[PDB]
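Note: chain IDs run A, B, ... matching the order in which the sequence lines appear. Sequence positions for chain A are given in the PDB entry numbering; the residues included correspond to 224-300, 307-517, 524-669, 680-719, in order. All chain B residue numbers match the PDB entry; in order, they span 224-300, 307-517, 527-669, 680-719. Values below: every heavy atom of this structure, side chains too, minus hydrogens, waters and symmetry copies. For ligands, and for the atoms within them, numbers begin at 1 and follow the listed sequence.
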Amino acid sequence: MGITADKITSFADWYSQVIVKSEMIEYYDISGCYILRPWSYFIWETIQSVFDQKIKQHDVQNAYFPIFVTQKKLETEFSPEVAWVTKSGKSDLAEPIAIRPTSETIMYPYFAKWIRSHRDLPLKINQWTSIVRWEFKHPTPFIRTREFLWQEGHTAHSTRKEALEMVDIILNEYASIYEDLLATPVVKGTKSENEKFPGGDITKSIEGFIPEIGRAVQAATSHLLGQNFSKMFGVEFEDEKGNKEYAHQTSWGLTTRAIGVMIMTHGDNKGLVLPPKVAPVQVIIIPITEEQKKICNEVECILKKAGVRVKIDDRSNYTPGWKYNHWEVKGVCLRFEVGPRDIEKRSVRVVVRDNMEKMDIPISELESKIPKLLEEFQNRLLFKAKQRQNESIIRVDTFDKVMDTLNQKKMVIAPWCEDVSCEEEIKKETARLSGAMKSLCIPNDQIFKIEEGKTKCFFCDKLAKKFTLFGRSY
Amino acid sequence: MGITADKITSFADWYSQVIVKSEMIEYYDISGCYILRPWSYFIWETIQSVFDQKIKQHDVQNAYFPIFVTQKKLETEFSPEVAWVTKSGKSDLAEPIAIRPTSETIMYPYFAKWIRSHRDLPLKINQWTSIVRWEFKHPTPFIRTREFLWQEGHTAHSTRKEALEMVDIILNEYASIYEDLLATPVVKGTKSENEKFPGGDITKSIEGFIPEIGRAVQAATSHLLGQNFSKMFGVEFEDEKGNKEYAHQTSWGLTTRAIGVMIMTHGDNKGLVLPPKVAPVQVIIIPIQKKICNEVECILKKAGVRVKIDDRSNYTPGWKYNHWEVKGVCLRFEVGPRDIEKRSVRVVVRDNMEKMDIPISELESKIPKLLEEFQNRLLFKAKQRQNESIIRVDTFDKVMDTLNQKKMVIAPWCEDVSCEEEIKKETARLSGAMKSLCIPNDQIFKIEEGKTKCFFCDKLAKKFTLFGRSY
Ligand SMILES: Nc1ncnc2c1ncn2[C@@H]1O[C@H](COP(=O)(O)OP(=O)(O)NP(=O)(O)O)[C@@H](O)[C@H]1O
Ligand SMILES: Nc1ncnc2c1ncn2[C@@H]1O[C@H](COP(=O)(O)OP(=O)(O)NP(=O)(O)O)[C@@H](O)[C@H]1O
Ligand SMILES: O=C(C[C@H]1NCCC[C@@H]1O)Cn1cnc2cc(Br)c(Cl)cc2c1=O
Ligand SMILES: O=C(C[C@H]1NCCC[C@@H]1O)Cn1cnc2cc(Br)c(Cl)cc2c1=O
Ligand SMILES: [Zn+2]
Ligand SMILES: [Zn+2]
């Protein structure tokens, strides 16, 4: 089978067939829960190892804290989306316990106990875990699940300056995970006061955007918590002159959401298209079997010494047409066809997945040439998704064009006053008129200028502080 | 602070002090749940990566299935020990859902759907996860916890031969994790009918033993499930001539218990002793000059060795010596003026207290080599202690005396279920219970075919079996 829904006009059906026929996902009989079959789980394992290697270079250490937390401890800080354990076997528990929705209330009482002097700082912890949250919005594979996988990092420092720089380091690593690994463009910025994590001072984030349906997605985040939680839990150290001070904290997380943004970004009407740095198989060799079976395996050896993941499909019970569609659906980058005249010429017929480009390549040039085609594919995918991200951002300086452009499926960049009240009104109005539009982020990179004391909010009557990105959110 | 309990006369207090002062573990306020701080989590990560690479050579693929299961699906195949979610926020759920205690009932309905033809076999799946089980027995860190981490492997094959080959391959990799990585001796064998996993036909395992308290522990396990589960869930394939048959299944798992067994095996009255293949830090460099410390260091990183300097002014050399000893660092380098003058390092070796002077010029070559020697020494001594703890008995008479010397018993046995049941009752009354641990693969001792009798029952013995008190 092939894909029978169109990406642009039947997106939901398209996304569903693509993740099921590729064997990325299976649907389960508890709503919002999804099985990650090997084909998608390989992508998560790759993300794990690249990010892990990065944080190790800034001395983050891995640990594992428990999945349960008591209500006493959870209700020190959100509650209707928490799952509670009340029973073991048939008999009621004397008091209920919560499955972990995040680890602050599990971890921080122990930070208080371990930290006594500036010499115990910095303290940098990370754990890879699963998380449960009882979502009220409708679920969607990867993007919004009841159980998801993530890492959560939690640091403590002696100055604000050192904590803020760790916030920024992590935010850059996250951007690199999306751009360099997943070939998915993202926009770095700061969250408005209405949209930030309420238990912290600042929240930075990366935003991405699915152009076929007009919706922004928050792709990862990184908080300067400051002294908010350190006062709340008693996290304090003796400085050099004997004086107790409250530590300056950060936290940050990234989830399997990443995998879904990537699929929705690169996929087409024939199936998955995958970045070669995360594709479980990059090259599949299909012979049209006598001296064929010797040339196939020579080609395999060559690619394997070179570091390329390659398989041969030499099954007798399938048409070459069937095979072509099977590996296309699974997003294999390169497809080598090997028949009689390919043997006769000592060369391989190549078809490139994302563009349908055909090429013949002598065998003695494979060692050099294939690694280099894979680097080109990786760069072409990021370059195209970025151009489409740019086509989707429209500058507006007043309210009158907004609704026209949200209905073309776009994001808005607009000068803005950043007040909470202003944001709440924008929301009410856009909803009424359509569905609501919210602030996504204030981009770190301001490609457009504020004339000092002349430029107005695009909505309120006040003066603008900066330009800000707005749109409808997944 | 150092260790103020004796391993032999105060084992419980000893084990607790060692894992807390080492900074491996922190106690938490829900019983049976323990935090794994980086010093112990590093050892789990190492286990993960070594086992992962091995199973990949036999084509096992990793996946991740959900944590929840419906009571409908769970009660197709152990009731009082499962944890139930009944509420989100303040509102009751329509129906309760179980946190995963094992994954058969989560995985196998999907195996039934994916498997149609012999061309879809073998199917080989592994997942790394956490598990919850509401234990009734008293908890102990690593050994028996409410939440634990593990891998669970689940396979399906078109013949029993191939499924059994896979059971044995896994059992050998588990033996190798304990022996080659953790320097901890284990005994391979087959579980008795009374002790095997009821859902399957055969269960193999490795058993460890802690000589200081006289108790066996089951270290990992591996089942030939045969066709029992395939019939229960409908896992069938068509052969080459169109005939439907039920697939032949295996499963196997290993948990964070491994870390506990290793700790209890090698640790002494000064603290952790760690196999160098899993020590988070292998060499600590302590100065009593700084160009010379950083030189030794560089030499050791190019060589592939995990090394740190402790150059803190506010602590005495004797405080540092204890600190890194408690934490089980293999090799301690002392660098004073005397040492600096001679272009040599004073070395102190953690398990034997042995002292050496090594020239800086010889470090590239000689430190790896010490670390291999230390790794082998640890396994060698634990093996000798395992042998002293195993006594041949041919009748019931010396059994109790032998259990009360903190030992295991190897004995001729008939292998009946009713025989084992009675052995349990009697040894309990008389002390608590002894049960069968395994029937070793390796049968040192010989059966007189026709003449040799059960040591307890009056029937004929099938072969020699290992019995003892279990953790
Ligand atoms: N249900 C979910 N499924 C998958 N990923 C999620 C889910 N909820 C949040 N995420 C991701 O987790 C990252 C950080 O989590 P967190 O900041 O706690 O989320 P949040 O505040 O609830 N934001 P959001 O869930 O997007 O409204 C987010 O930036 C999302 O990319
Ligand atoms: N509570 C626990 N905590 C940690 N590890 C455990 C626990 N229970 C079992 N294990 C380990 O998990 C492995 C797989 O065990 P499993 O198939 O569940 O058998 P079991 O009958 O539950 N074992 P046991 O707890 O010794 O009676 C065993 O070989 C044990 O080493
Ligand atoms: O989860 C967070 C804040 C941060 N925690 C560390 C990892 C990165 C993450 O952004 C915000 N958050 C999000 N969702 C939640 C859902 C529930 Br239910 C609860 Cl109780 C609490 C929360 C809650 O605190
Ligand atoms: O967990 C098992 C059998 C195997 N499952 C796959 C990994 C290896 C493991 O040995 C046996 N077992 C053990 N403990 C259990 C506890 C509960 Br509670 C339940 Cl419901 C079920 C079980 C249960 O089935
Ligand atoms: Zn305004
Ligand atoms: Zn008998």
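Ranked by contacts, the top partner of ligand 4 (the one with most) is named in the PDB entry as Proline-tRNA synthetase class II aaRS (Ybak RNA binding domain plus tRNA synthetase). The drug or candidate drug modeled at ligand 4 is halofuginone. At a heavy-atom cut-off of 4.0 Å, other chains contacting halofuginone (ligand 4): B.
The site surrounding halofuginone (ligand 4), defined by heavy atoms under 4.0 Å, contains B:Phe307, B:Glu310, B:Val311, B:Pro330, B:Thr331, B:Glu333, B:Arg362, B:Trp379, B:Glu381, B:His383, B:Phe426, B:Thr450, B:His452, B:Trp481, B:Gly482. The shortest N or O to N or O distance between B:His452 and halofuginone (ligand 4) is under 3.5 Å. For halofuginone (ligand 4), the polar-atom distance check against B:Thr331 finds a nitrogen or oxygen pair separated by under 3.5 Å. Halofuginone (ligand 4) has no nitrogen or oxygen under 3.5 angstrom from a nitrogen or oxygen of B:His383. Some N or O of B:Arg362 is nearer than 3.5 Å to an N or O of halofuginone (ligand 4), by distance alone.
Source organism (PDB entry) for chain B: Cryptosporidium parvum.
Atoms of halofuginone (ligand 4) lying under 4.0 Å from at least one heavy atom of B:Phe426, given by number and element, are 3 (C), 11 (C), 24 (O).
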